[PDB]
Protein chains: 2
Amino acid sequence: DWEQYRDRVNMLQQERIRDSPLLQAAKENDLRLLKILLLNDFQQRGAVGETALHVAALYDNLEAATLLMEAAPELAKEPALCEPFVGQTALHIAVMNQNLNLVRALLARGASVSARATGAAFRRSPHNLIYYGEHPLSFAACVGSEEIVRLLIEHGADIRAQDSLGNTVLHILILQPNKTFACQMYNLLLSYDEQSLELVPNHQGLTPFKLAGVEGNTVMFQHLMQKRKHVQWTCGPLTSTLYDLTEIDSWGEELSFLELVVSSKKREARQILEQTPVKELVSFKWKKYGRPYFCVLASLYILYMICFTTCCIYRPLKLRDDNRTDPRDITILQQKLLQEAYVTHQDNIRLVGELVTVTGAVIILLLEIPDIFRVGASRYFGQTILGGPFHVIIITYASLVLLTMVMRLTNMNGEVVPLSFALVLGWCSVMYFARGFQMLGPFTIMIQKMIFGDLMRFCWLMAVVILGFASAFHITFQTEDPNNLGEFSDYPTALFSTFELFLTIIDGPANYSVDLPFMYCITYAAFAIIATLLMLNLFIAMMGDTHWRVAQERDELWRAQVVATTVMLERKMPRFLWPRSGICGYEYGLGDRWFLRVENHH
Amino acid sequence: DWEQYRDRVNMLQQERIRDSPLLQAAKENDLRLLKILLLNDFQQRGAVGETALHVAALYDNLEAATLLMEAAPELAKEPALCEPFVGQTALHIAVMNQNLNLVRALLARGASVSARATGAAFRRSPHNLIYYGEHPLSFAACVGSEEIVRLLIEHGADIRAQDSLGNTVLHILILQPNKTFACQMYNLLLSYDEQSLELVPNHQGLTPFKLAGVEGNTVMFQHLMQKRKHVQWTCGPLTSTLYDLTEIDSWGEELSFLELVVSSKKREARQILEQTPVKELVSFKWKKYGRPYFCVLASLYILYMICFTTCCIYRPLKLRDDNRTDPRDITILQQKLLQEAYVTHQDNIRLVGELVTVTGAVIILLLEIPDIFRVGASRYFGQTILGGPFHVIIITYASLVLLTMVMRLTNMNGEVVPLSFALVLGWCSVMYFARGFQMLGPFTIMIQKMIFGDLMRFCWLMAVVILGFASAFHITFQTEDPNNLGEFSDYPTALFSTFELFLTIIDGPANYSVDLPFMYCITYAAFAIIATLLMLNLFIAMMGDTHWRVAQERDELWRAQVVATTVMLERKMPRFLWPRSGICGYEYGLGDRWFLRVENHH
Ligand SMILES: CCCCC/C=C/C/C=C/CCCCCCCC(=O)O[C@H](COC(=O)CCCCCCCCCCCCCCC)COP(=O)([O-])OCC[N+](C)(C)C
Ligand SMILES: CCCCC/C=C/C/C=C/CCCCCCCC(=O)O[C@H](COC(=O)CCCCCCCCCCCCCCC)COP(=O)([O-])OCC[N+](C)(C)C
Ligand SMILES: CC(C)[C@@H](C)/C=C/[C@@H](C)[C@H]1CC[C@H]2C3=CC=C4C[C@@H](O)CC[C@]4(C)[C@H]3CC[C@]12C
Ligand SMILES: CC(C)[C@@H](C)/C=C/[C@@H](C)[C@H]1CC[C@H]2C3=CC=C4C[C@@H](O)CC[C@]4(C)[C@H]3CC[C@]12C
Ligand SMILES: CC(C)[C@@H](C)/C=C/[C@@H](C)[C@H]1CC[C@H]2C3=CC=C4C[C@@H](O)CC[C@]4(C)[C@H]3CC[C@]12C
Ligand SMILES: CC(C)[C@@H](C)/C=C/[C@@H](C)[C@H]1CC[C@H]2C3=CC=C4C[C@@H](O)CC[C@]4(C)[C@H]3CC[C@]12C
Ligand SMILES: Clc1ccc(CO[C@H](Cn2ccnc2)c2ccc(Cl)cc2Cl)cc1
Ligand SMILES: Clc1ccc(CO[C@H](Cn2ccnc2)c2ccc(Cl)cc2Cl)cc1
């Protein structure tokens, strides 16, 4: 694994540094020994191809570093050579240690301002504790060393240079955790912008502005917006400001800023939706257009589920064509064949409801399947904010409807099976629309967070209790007459009875007209204590405990689900239903831009 | 919508200011350009009829404003002209910007101290972030600018002037959010009162004192009471104070201060009921008169419900007059007709209970219907503090009793229907009286806050689960013999069974003497996990979470419901039962006033 490899790399590196007297002296700064070694081979390299000057820079030894450079000035030009540290110069190290005196002394000797630390130890990854990109300028920037940043830009640091992710120094500052200084650095770098560096995309296509949204960097987002706003007037406690929406609303771009924020996997990204140009924009879009269209679509879907349900209630059945010879058989009706299922006026009235039913299942797949391939199947089905679990069950619903159509046409028996799944999944998919309503929306997120959290843990331990007790109850009744207590009469019935007895959805077996096994009363007392009293009530206790701790995040997830719904509706619906949002600049002489005006009290 | 209109107004305003070189110079303060333009048409107006001097005042440019006034002194007199800003002078703007030097310079040039900003941007509304009324003095006051307030009063600001709501500067200060400075301003304005300005009503009929109650301004209320109290004595740690009740008790006034506070829709208004002249007054009224009369009325209503119930238990029925030919029919009795329903001594004893029952339903409507028209139907039925939901069900109860009387008299069949509603609603309306008792009162507010909150959200998602599963269970059993498992034998029974199975109020279907469908055991396992375990227990978890967060407001709502009951009883009951409260001043030589004396430890 990578941790064991990095560890060896570090161990071999320290071993070489102890083995070589020149690298050893570069780490210890014993200028006596180092002068004698240099007066007496300067190319000597550690375990990763690093020079004695990289070693002096790593241990921050300016005296050893200047002796090494005075003896062999060419060392200032050298990269490290091996897979972890490829391209790392003594200048990258001196910059990361903030040694301005060593950085000057290296630049005075031709150390490259444009060198790229291409090795893995520099790549963005979960493996690496930092990500400064690849260049001395990007290091000095993320390190928060203006004096080094100016010194490098003077010496030719290309400010528009890009690393292996395509990230410029501006993209890299958006990724750093000192969000507050990163701003002062962001302004220092834009003081040399003179296409703007603000508009350069990385290889994901993200500009710095889109990256601050995607990464949830709310401090850099609100800092970037201070240069995309104009104060129209202030009068007493009131100010009117005009925000340029060109970045946030992303008109006619192939993937918008708000899509990138709502689909981001960072929990910090949802906080961007609470910021001033945005909250007001997504709130305007939702009241004016989003909620009216979502209430119409919710109503049409519920009427379509009533239509589908009615085609199940009036499903085509006839009297069985053979006798119930087994006294335990209760089936009295059978399917009509296709050639007899459409004969009466009521069958033709149903056929309209069935063709509407099938048409809705086709339309569901025509609307769903393309969005799997844009968003990505895992995000499509995994993301709570995008509706992931409802996209699974609506595709499953439409698939079970189309399977039921193929079964009808082919005279295949057993349409009850796909229709029973399609009725449960079809109606529970009406919970998709709960996200538009402040009453139902946050509660539907508790249902989801309780299903995947507490109900899953409960069902795993509930299963071993049911297997223990269903087996004990089955073998207790194995020897007794099945007609006197039917609940445990075979292992599948004993499992199902024990599951219903666990949840108290059926009454505990009892027949006072006969002597039940004494081992049953012992086993059922232990079961009612463990299953019913302790665990079924411990479920309520752990749900009540989960609920107060999740209640803040559920509201944030709901406020984000409303924005994701707003963004979905505007991307999918015909534009004539969704007029461009905000204020057109052109009819007021402001040029091609579109704006949001907000008035605030202070 | 108004937001899009205000936004255009702001955009057209800024466009004109950029288009006109004179308004542009008034905003930028480039005295070079402005001197040349004025030396070279001074009437030029922006998008809302505002002058270049309004523009200089808005951008707070005293140098541009004094050049514009020096070139054309008549500009100081000008209002703005268009619908948002009608009547707004440069003096309104200079006052709101607190520019005392510009305000003098305008007043020195005849700017009107009595101008009214009649435009909508000044009206009280949810659309407007501030409300300063219409006059320069009311602006200077709400802005908290004594030096400008004195300067205006010297120049003739009519302190008794009223805006389009009838609000004086005192009413407007009660509405402002800096409740603490507003007091220092309130005293500054009363220093010029010399009918008192304290007693002038707005167009709602509210004086400043009633408005501080209605708006829940507890800081201004307790400040107003410092001038309506007298300290009789202090001895060591004890003080005795005498509060004038003339304002709070509002004797013989058509609508009292305490009615206006308990019927207010502001959540802050209930906090007035916790203040020193009041809490002691409403507590005295409740112990001495309120609770004794409310316990008598509670007892009389419960005895009337026992009387009505007894007329239902002894309802007049006879043997059916035709055979039960359908083997699934269980009806054996039928109504007696009016001409046979009153024959025995026990029928005449009932008839007294029925005439008492009907008389109580008439009395309920005679007591209820007038109060709908005073309070207003929406407040009458909407307000928790006034008893809103109990006023709905008591009017509904009386209507179902009078309908049942019309049915009896007309020999109409089916009296079971209106009587079953009248028994449920009649007895649940006994919960109205829970508000008098500290044990039952706050709990009856949780019942209400759980019905309209958590039970509503639950019932919406519970309904789609019941529609999904009732349909799956119905079509699973559609083909099987109805006599072996009756629960899902038609769609209305399948809905009702699935509702009872959701809540575990009936046992899960099972008949071990026959092979049930395998799809039933699959569907019922999924149902018991989703309905019974997860959601029925998630109801308890979300109620437990709502309960601790609502528990403070429920106690405040209960303490306010007791005062609303006290105020109701005193307004409705015969005065001889409700002696005037407090201490008559006349028999101690204090004149016509009535007082509350409170003794306090400090
Ligand atoms: C997110 C939570 C997920 C939790 C997942 C857990 C699920 C709960 C239960 C598992 C379903 C097991 C279904 C067994 C059906 C047997 C039918 C049958 O064929 O029975 C028996 C055969 O087998 C048995 O004897 C026993 C089967 C093996 C033991 C039970 C299954 C264990 C499954 C373990 C799963 C992992 C659990 C780990 C901890 C969670 C035959 O039938 P018979 O009884 O008529 O005997 C006919 C013959 N005589 C009359 C002579 C008796
Ligand atoms: C604050 C919370 C408020 C929540 C409100 C929600 C309410 C829960 C349930 C709704 C009541 C529906 C009553 C249906 C009665 C049908 C009787 C009948 O006539 O059935 C059927 C006819 O209809 C049906 O087939 C299906 C009816 C349509 C679907 C069910 C109603 C959907 C209502 C949706 C409401 C909105 C929900 C949105 C999400 C909350 C006939 O009768 P049969 O079965 O004897 O068939 C006789 C004929 N064979 C023998 C051949 C079968
Ligand atoms: C035999 C059939 C009837 C069984 C398998 C059916 C399972 C249904 C009842 C289960 C399967 C997954 C469940 C499920 C998945 C996830 C979510 C998202 C959550 O935010 C709301 C509840 C909701 C929508 C629930 C509802 C109930 C579902 C849809
Ligand atoms: C406790 C958790 C883990 C939940 C999920 C466990 C469910 C188990 C107990 C349930 C789910 C589906 C049930 C089930 C499916 C269908 C049938 C066919 C029926 O003719 C006999 C019972 C039988 C065989 C039962 C046995 C018990 C099962 C397997
Ligand atoms: C068919 C009939 C019997 C059905 C419709 C009757 C409904 C009754 C049970 C329901 C309807 C509204 C409910 C209701 C409304 C509001 C309140 C106010 C609350 O502070 C206490 C409970 C209380 C008083 C409850 C009691 C139960 C009521 C009165
Ligand atoms: C889950 C929430 C939404 C609550 C309110 C839902 C209630 C539903 C399930 C209940 C309320 C009243 C019930 C109801 C009313 C009366 C009858 C007549 C009876 O002869 C057959 C059942 C039938 C038709 C049932 C069906 C199920 C209903 C409609
Ligand atoms: Cl789980 C679930 C999901 C969505 C709805 C949709 O609920 C709304 C009503 N509502 C309830 C609360 N706030 C709004 C609705 C019901 C019926 C029809 Cl036909 C249209 C609409 Cl818009 C109900 C349950
Ligand atoms: Cl929901 C409800 C509402 C009101 C009462 C009234 O309860 C009181 C008794 N009580 C109980 C607690 N504190 C006082 C009562 C009962 C019977 C009779 Cl006849 C008269 C009275 Cl005054 C009881 C339930």
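The order of the sequence lines fixes the chain letters, beginning with A. Residues displayed in chain A correspond, in order, to the PDB entry positions 28-67, 71-224, 230-637. Numbers in chain B come straight from the PDB entry, and the residues shown are 28-67, 71-224, 230-637, in order. Read the numbers this way: they start at 1 and go in the same order the structure lists the ligands and their atoms. Portion of entry displayed, and contacts counted within that portion, nowhere else. Determination method: electron microscopy, 2.9 Å.
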Chemist: Can you identify the drug molecule modeled at ligand 7?
Modeler: S-econazole
Chemist: Heavy-atom contacts under 4.0 Å: which other chains make them with S-econazole (ligand 7)?
Modeler: A, B
Chemist: List the transmembrane segments of chain A, numbered from the N terminus as in UniProt, that have a heavy atom under 4.0 Å from S-econazole (ligand 7).
Modeler: 1, 4
Chemist: What organism is listed under source for chain A in the PDB header?
Modeler: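 It's listed in the entry as Oryctolagus cuniculus.
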Chemist: What is the residue-level binding site of S-econazole (ligand 7) with heavy atoms closer than 4.0 Å?
Modeler: A/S334, A/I337, A/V465, A/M466, A/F468, A/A469, A/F472, A/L475, B/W495, B/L496, B/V499
